[PDB]
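Anti-CD33 conditional scFv, liganded with methotrexate.
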Amino acid sequence: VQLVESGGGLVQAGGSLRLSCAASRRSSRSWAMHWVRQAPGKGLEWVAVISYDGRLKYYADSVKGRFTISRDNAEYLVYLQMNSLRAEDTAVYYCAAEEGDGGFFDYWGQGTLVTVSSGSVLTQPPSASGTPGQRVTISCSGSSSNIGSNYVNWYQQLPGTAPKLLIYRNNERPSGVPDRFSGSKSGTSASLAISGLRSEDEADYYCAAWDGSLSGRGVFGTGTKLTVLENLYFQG
Ligand SMILES: CN(Cc1cnc2nc(N)nc(N)c2n1)c1ccc(C(=O)N[C@@H](CCC(=O)O)C(=O)O)cc1
C-alpha cells in the first residue's frame, strides 16, 4: 500500500494549483484523507481533512478560504485545490490516511514539492541528544482542548524521508516499532521515551493531537531534533 502525490512544481503567486493523491491498492475500510505540509527545514503543519464520504471537511486557519479538499471514491483520488497561492505556501505536501476516527495517520505518501514564486501549539523542546545506550525523553505540552481531550500520537521523520507513525493512542506501537520506544500521557502533556538509543534513532520527532470545539482539526507539535552523539558517557 503506497500513497502517491502528484501535481507539484513551480507556480506563480496568486495562481491555483491542484494536487492529487492516488493509492497503489484499494481498501475495504473507510479512510479519512488528510493533507500535511512541511516548508523546507520547518516542522509539519496539518492542512486539511475530508471524511470518507466527502460530507465533512476541516481546514487549518492558515489555508481556510483558499484551499479546497475533495475526493473521487470511484477513481480513488483525493485532491487539494490550492487557490490564491502565497509565498508562504511553499512546502512539500503529503497526503496521509486515517482509518475512520482513530486519530493517527497510518499511511503517508512521499510528498510533492510546491514552490510559489513571488519575484494553539503543542510545544516540544527544539533539541534533544544522548549517547548510544542512554534513555532520552521528549516532552509535548498542550492545553485541555487538545492533549487534555485527545489521544496523543508520535511521528518519526528520518532525514530525507516521509514521516512514519511511531506511537499511537498515547502508548501503542505499530508492528515494526521496537519496545525501546514508549509513550505516555498525563493531563495536558505527553512524552516520548527512547531507551537504548541507537544511531538509527537520529531523526526529527513530532507529537500530534487534535483541536477545535469537536477536535476536528489536526495539530502537530513544534518538533524535536534528536542527535545521537558519537561520544561516550563515561567520566574518563
Ligand atoms: C489508506 N488507503 C489508501 C486510500 C484509501 N482511500 C482513498 N480514497 C480516495 N478517494 N482516494 C484515495 N487516494 C484513497 N486511498 C489504503 C489503506 C489500506 C489498504 C490495504 O491495506 N489494502 C489491503 C487489503 C486490506 C484492506 O482492505 O484494508 C490490500 O492488500 O490491498 C489499501 C488502501
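For chain A, we keep the numbers from the PDB entry: what you see runs 2-120, 143-259, in order. Looking at the header, which is where the method is noted, we find X-ray crystallography, 2.0 Å. What's counted below: heavy atoms across the whole structure, side chains too, no hydrogens, waters or symmetry copies. Order of listing sets the numbers, starting from 1, for every ligand and every atom in it.
Contact annotation for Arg27 and methotrexate (ligand 1): only backbone heavy atoms (N, CA, C, O) come within less than 4.0 Å of the ligand. When only interatomic distances are considered, the shortest N/O to N/O separation between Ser28 and methotrexate (ligand 1) falls below 3.5 Å.
Both the backbone and the side chain of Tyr77 come within contact range of methotrexate (ligand 1), each with a heavy atom under 4.0 Å. The shortest N or O to N or O distance between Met34 and methotrexate (ligand 1) is not below 3.5 Å.
Close contacts between methotrexate (ligand 1) and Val79 involve ligand atoms 9 (C), 10 (N), 11 (N), 12 (C) [criterion: under 4.0 Å to a heavy atom]. Within the 4.0 Å heavy-atom criterion, the part of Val2 lying near methotrexate (ligand 1) is the side chain and not the backbone. Judged by the shortest distance from any of its heavy atoms, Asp107 lies outside the 4.0 Å radius around the atoms of methotrexate (ligand 1). In the entry, the organism recorded for chain A is Camelidae mixed library. Every atom of methotrexate (ligand 1) with a heavy atom of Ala98 under 4.0 Å away is listed here by number and element: 1 (C). Of all atoms in methotrexate (ligand 1), numbered sequentially from 1 with element shown, those under 4.0 Å from a heavy atom of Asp73 are 10 (N). Atoms of methotrexate (ligand 1) found under 4.0 Å from any heavy atom of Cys22 (numbered from 1 in listed order, with element): 13 (N).
Residues of other chains with a heavy atom under 4.0 Å from methotrexate (ligand 1): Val2, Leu4, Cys22, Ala23, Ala24, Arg26, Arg27, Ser28, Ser29, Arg30, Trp32, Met34, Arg72, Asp73, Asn74, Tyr77, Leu78, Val79, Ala98, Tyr108.
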